[PDB]
Amino acid sequence: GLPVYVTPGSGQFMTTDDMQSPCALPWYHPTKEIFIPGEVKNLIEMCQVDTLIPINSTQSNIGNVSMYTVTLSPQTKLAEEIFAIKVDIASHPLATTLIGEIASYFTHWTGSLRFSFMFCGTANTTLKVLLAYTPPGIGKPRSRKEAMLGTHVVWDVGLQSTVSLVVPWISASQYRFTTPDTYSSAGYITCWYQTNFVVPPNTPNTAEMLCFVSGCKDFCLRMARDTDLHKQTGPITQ
Amino acid sequence: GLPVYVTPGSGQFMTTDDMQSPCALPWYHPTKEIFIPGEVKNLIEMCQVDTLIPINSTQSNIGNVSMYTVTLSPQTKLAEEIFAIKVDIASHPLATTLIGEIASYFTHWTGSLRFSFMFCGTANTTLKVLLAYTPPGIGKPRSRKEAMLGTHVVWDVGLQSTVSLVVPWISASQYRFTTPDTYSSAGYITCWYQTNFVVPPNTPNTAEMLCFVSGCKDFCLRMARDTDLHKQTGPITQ
Amino acid sequence: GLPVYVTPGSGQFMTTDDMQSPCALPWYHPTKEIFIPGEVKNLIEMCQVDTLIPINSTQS
Amino acid sequence: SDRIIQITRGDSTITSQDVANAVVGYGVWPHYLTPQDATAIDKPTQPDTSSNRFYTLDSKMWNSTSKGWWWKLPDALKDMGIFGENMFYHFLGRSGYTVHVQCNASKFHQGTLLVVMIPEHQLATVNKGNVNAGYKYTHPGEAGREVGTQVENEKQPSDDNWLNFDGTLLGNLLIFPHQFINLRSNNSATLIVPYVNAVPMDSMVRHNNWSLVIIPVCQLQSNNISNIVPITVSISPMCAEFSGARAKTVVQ
Amino acid sequence: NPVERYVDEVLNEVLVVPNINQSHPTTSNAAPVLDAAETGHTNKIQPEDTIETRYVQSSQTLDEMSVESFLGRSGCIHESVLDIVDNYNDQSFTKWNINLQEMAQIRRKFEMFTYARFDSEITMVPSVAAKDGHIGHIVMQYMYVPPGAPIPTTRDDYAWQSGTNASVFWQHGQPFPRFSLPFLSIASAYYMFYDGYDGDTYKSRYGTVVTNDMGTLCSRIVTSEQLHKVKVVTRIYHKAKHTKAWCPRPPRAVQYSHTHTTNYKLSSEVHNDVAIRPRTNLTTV
Amino acid sequence: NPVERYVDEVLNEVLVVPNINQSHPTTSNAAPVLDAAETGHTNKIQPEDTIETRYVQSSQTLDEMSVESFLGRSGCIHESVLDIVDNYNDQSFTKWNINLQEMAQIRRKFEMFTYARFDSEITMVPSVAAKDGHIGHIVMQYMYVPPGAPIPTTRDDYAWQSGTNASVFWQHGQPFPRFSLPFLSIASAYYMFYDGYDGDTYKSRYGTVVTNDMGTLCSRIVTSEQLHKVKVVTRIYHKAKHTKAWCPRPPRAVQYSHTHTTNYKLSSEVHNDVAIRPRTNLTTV
Amino acid sequence: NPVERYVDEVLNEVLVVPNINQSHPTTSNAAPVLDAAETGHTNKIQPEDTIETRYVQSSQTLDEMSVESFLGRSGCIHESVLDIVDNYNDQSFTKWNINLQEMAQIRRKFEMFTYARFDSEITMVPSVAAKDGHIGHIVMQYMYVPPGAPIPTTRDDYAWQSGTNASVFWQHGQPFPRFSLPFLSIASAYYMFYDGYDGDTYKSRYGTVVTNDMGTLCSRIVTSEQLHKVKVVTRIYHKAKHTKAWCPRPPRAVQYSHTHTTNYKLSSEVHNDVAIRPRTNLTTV
Amino acid sequence: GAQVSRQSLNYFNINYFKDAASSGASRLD
Amino acid sequence: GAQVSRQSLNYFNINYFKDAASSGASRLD
Amino acid sequence: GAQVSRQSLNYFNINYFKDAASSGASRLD
Amino acid sequence: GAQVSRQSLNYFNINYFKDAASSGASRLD
Amino acid sequence: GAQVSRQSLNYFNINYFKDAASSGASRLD
Ligand SMILES: Cc1cc(CCCOc2c(C)cc(-c3noc(C(F)(F)F)n3)cc2C)on1
Ligand SMILES: Cc1cc(CCCOc2c(C)cc(-c3noc(C(F)(F)F)n3)cc2C)on1
Ligand SMILES: Cc1cc(CCCOc2c(C)cc(-c3noc(C(F)(F)F)n3)cc2C)on1
Ligand SMILES: [Zn+2]
Ligand SMILES: [Zn+2]
Ligand SMILES: [Zn+2]
């Protein structure tokens, strides 16, 4: 017969190999495929869809819808801070968002992130807020003035309820680790009162705000890995 | 199926084999390659660059920059000997030079060697020296007259600080062993006072000389092997 | 993969077999061959040369 | 004349009438980042002549016992005009350099300085287990480090010039872009190095790309020792560009 | 070019991401950053619209993020145990009601879609533990008994003849067994979720248990009783090939508790039941 | 010719060295032997310039001195030990923080460059030592847990399911496992050296430990507890393929002491810490 | 025709011998049978010249008598022994100063020429003797340490890392290891004999030991210490491929006594030291 | 069962078994 | 996946797996 | 690496490894 | 023993042994 | 070493070793 040289690796089973194998059901003809709406061909499709950020997930809020809203109200001190979180797509509180969950199935990420905010107050409630992205190499801003020096958007509340702040991919390396790693921590998003929350008389003195996230045209994930956002500590039985 | 004959060698693991193997990270796309200055494609590139010879590595000098310099001064006796070492690219004191270190990663060598010397004295210090290469089959020369009969260069110190002596490949065999082996010992380089070290009044009465080495266009190494110029006698820990 | 049938004789080592095997010294370039007088290509060449017969090889 | 050189950068012009030619690290002249190699997407800032100019550091005194000196870039220029300002207001920076070392004496002096530019000169510590050189120690600024002076501290780097402060032999530094200032031949050294890194841009605060090492391999000698012989360093950024603007980072 | 496409496969550059173009300062009454999430659409604003960007040539590829790639990695779905303790006849064979619901890792990934259609690659990893010292000659038989086929009730049941069912015989020492399976459903796609019953009474079953019956995997140690007792554990691995998925959904946020059901358990302190980590307050990064 | 280039590969004559030409006696004011090392350049003088040479046709090739060849030989980078002493559950699995810094031989060669980019070939050599006599049926599982993925904490941790991570199962008696890895960095090349930190305070980390995180290699004996205890040592071998290196540097002159750092130790007699051998004096060959 | 030559290879009819032609009675003053051996030439007389021959078509071929064939058969050149007696660390590894002079059979054939150039095929036959009963899992490592490379001095010496040297790992149960070696000399051909020294004094070495250094073959049992002691004997076989030989010489007539030297011993009755059998007298067939 | 291409870079997409289920991972898009 | 050459000396540079990382040592220069 | 001949009797002299040392016994004369 | 087809989709129906009994399952109709 | 035929039914009579003795049973008549 044809002389052969069995190479190292032979007989091994690598869970990510791509070989062919004999079919246990010869001659079997699969059911005709029918059209079903909603087919997904690539996970990027899911990363481009907004999902809510449980940004207000304090211990007392977790387990309640309120963990998804941020409260705004008339201020007595100017330029007060509203919220602050890390930009890292897989860090908390971004972790459980759809894009955060998918990012947790990969080791590397890159691209620009899209953060959106929808004002939930009354039609007669006005407000101007400053949303800022602080690139790394410095601590989170301690004031609006400090934050404003970075990438930002001044949001004026009006007929259009939602605003978007894009966190451009500003990194030394082409990719970053999805897991919380010092070297690749991408920065922060802070929110500050630009002017103030103002309302006419007989109008609720507080209002909620919803926060969304999704990836831009340049978002991309790399190196598939198992997620640490879900576990199994016992047998799943019948 | 196709009849095959498993040949001897099959299933073995030879550290120098060249086989293909399945990729553990299917679909993974590597980071785009960017231009980085200084790419090296062949070690010969490093062998052609001069590096200093720790020619004065006596026990008392090792661990000090002085192990790299040779001192010159006014002589009272004529044609005195200045230094003498073996030409063998991997012998001491040539061993730790870059070309010597690289040569120590191979079993065979061939080609011509380039030895250079830079006079470190004052601009008013003059000197004529004789650098000689003694081909094998005879002991190192015991005098300038004896050395001068071989390959040599008479160096006159002047505006140009450096001189070069080429040790031509003069061997019976096309290659030699890099490790200290009798049969393939290549000879010696000796240095002698041709005239003398002369200076005007009020000028330092001694001066240093730096010695360099690199390979010529015909230098070549063969048969990769592990080096004995470096070891590990214990675990390297985190 | 391609279905194969391992034939009898496989894995054996026959001192007179003629197989190929991976080279332990990859990239190694052998010394240039030079002309040497007296090359022999076949033993018949040596059989055609006279040599003396120890015809009188008695014990003494 | 091939012994003369004039280097003009921004509003600065440096001259030397006794050079030993010049060196262009890895034969690559500094250039701005191209869109094929770039990764950060915001438009970079390029101060041009207000940053690409010669900055002269504090002079050092070379004497018969000097063991050497080293500086790290861009650390050494952290407090130099516009260039310095830019490296702290931005997350990312990228720059090449023209390093001109100056040292004159007389035709009756002798001494030799090995001037080297090392990429990623990761310093070592000695006999201290896995404790590494502290940030403070590898960020001395324009003052640099004077080999053989610092009163040892645990996080202090190796001060062994014969081992390149990193476990390798001095004699082999010549494999890096370098020059010698041999008092009998020249009074200056000129090295032009391009940006070198595994990423197109980087943090100017936490990553020192190049290290300038100066070791006197041939001792300074003369019959007029009282006359001080200084060594002066002038560095000029080239194609300096920064990205990711924000507030100014404050170290320590 | 079937050859140009080949190169893209080897390099994994089939699906490239768009470049970022240089943008400039703007002053206009067209405000891309403003929109209305109420519409249910995602604002399609890109970085070039909110800042002045430079031109950058993207080199990232979405290949690895494809559904084929996401669900195309072999993971454990079952750990079959044959432990000879004191009765070879009773302990040398077993059966398993086949399903992809017992192991959380691969289950969660499939469940990120409502429907999925794919062929399967099953790979088995048998390991014989020598409880008394030797393992002798171990030969295993794995037989797929589709719903309806007779299930063996003894190690010598006539069903082991496998006159029609597919069986795979593995011999200890030989490589790991592996085979492919074609899309098996009577429907066009597998139901990852099913909001329906198998009847209309208070006692009808709910969920995928109604639509996902896959039969039984029966196995036995072919080798007859040996002096030394062994414990053979066969771990089954599954991978989807030639995959299609429809209607993506929220990822499982709490631990699974049972098969074919979305049921879950909650403790008195729910923050412990989800991956969400309590924040000190709104402004503590 | 793709076929003429093929012959050069088989003969290893891709990179030939130049010939030496016949030279003659000279008298000129052009002195090649004289130059200035201060310039930082190497005098490019050749033998034909300093002596009267004959004509010689060179046959040497630089192929073997290529970077691909220099770093393309498989060397040991780790020796994993699973030693069953008195507790199978605790001793039948382990983990390793992956790195190419633990073994001096291959480490020194890579460190002769500042940056290197290459794919990897990993080959494993497992050997089961029979401490009590038998080894039964040994099956091993090696799983690559990238940074972030859950690390198993028991021999039956759900992470071993490897629903996404790559795992390689080896069966004693089968050939040595082997697989390839694509260039893994988030940068364009691996840092052999890194003069930077992961912060700007006295407590920030220094060196390649900041840039070279490669994850964890977890392994376990798949086979369940057996009567006779064994000691499995798996030695990992690495080789670079499709290599590129930049900015050559001085070779390590003293012994390594720790990973990711250039730290070293010196004795009271430094000549013992380097390969340099003390010379009797300047003229003693 | 590359195909007609192929047929000759399969049939082994590449080198055919000449035919015998019919000859006739002759009467001439040209006497072929007479000549002068003093000239140093062999009389080229053929049978047709001394008798009346018939015509005969020769079918014999000289293929098998070719140098390639004569030296192209794998023969034993070394028998390495690792015998675990009472100290695993000291007895589980060894080394051999490589040479083709220890076994008489292949040595005599090569020595029928003065110089020889050839590539080599090395085949190893390891056999594990179970001294106490079991052999566990035996894995061997063979490493070629070229002259100069560090020689391991313990079973765990860093040299075993084989970061550059070639190593071959064999696993008991797998086929016999085998690999090829290119012509290794620094000269154009190997010296079978060398009438020279490595110096010019009464203490200089004489013979091929001066020119035939080939390095060291180091080997060890990779498997760590096991309960039952084994004795592994690895026999090395060598074969020349792509061979050339020069200047044939007299075959070795007496037993070999040492390597690299033609030295021999003689008894008081020399007829016992050579293959020559004493004749009763000149006329006793 | 080979989908032989040409360009010379001849692609050989081989299906060793006669069932579609038997082949390896699919192509993208 | 074969880069079939011709000259007749037909070179067959085959890539058995669909990943560049999988192939053997690179060519020189 | 095949020296394909033709005559139809197509000879296939294949070199499996990229080193000359690796091939089998040489041809005669 | 190969029934090489073409379309390029080149079918390769190979019979490894010289007996009809040796080949696999038959084609339909 | 293949006696490639054609008809398309391409016969491939292959001789794996270079000795006539090595081949299988002979053809008839
Ligand atoms: C949804 C969905 C899709 C599926 C199919 C899961 C695959 O299950 C199997 C397995 C694991 C093995 C076999 C099998 N066929 O033959 C064999 C034998 F070799 F083990 F006998 N095992 C058959 C099915 C349907 O389950 N749920
Ligand atoms: C610089 C630099 C480059 C590297 C990569 C080293 C290779 O490290 C590994 C190893 C040895 C094995 C795996 C691996 N992937 O799958 C497996 C399994 F089969 F073992 F699971 N092991 C992954 C990496 C990144 O480390 N430092
Ligand atoms: C004359 C003449 C020619 C020769 C060469 C003899 C071959 O010797 C060897 C052997 C037997 C094995 C190796 C060898 N290379 O790799 C290995 C490993 F796998 F054993 F490590 N062994 C190297 C040489 C030079 O010796 N004398
Ligand atoms: Zn037993
Ligand atoms: Zn036993
Ligand atoms: Zn036993």
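Naming: A, B, ... by sequence-line order, numbering from 1 per chain. Order of listing sets the numbers, starting from 1, for every ligand and every atom in it. Cropped entry; intra-crop contacts only. Quick check of the header: X-ray crystallography, 2.7 Å. Both backbone and side-chain heavy atoms feed into the values below; hydrogens, waters and symmetry mates do not.
- What binds ligand 1 most in this entry is, by the naming of UniProt, Capsid protein VP1.
- Given dapagliflozin, pleconaril, anagliptin, the compound at ligand 1 is identified as pleconaril.
- Taking 4.0 Å as the heavy-atom limit, the other chains contacting pleconaril (ligand 1) are E.
- The PDB entry names the source organism for chain E as Human rhinovirus 16.
- The molecule name in the entry for chain A reads coat protein VP3.
- Within 4.0 Å of pleconaril (ligand 1) on heavy-atom distance sit the residues E/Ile98, E/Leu100, E/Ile122, E/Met124, E/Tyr142, E/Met143, E/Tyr144, E/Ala166, E/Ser167, E/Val168, E/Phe179, E/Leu181, E/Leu184, E/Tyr190, E/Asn212, E/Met214, E/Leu217.
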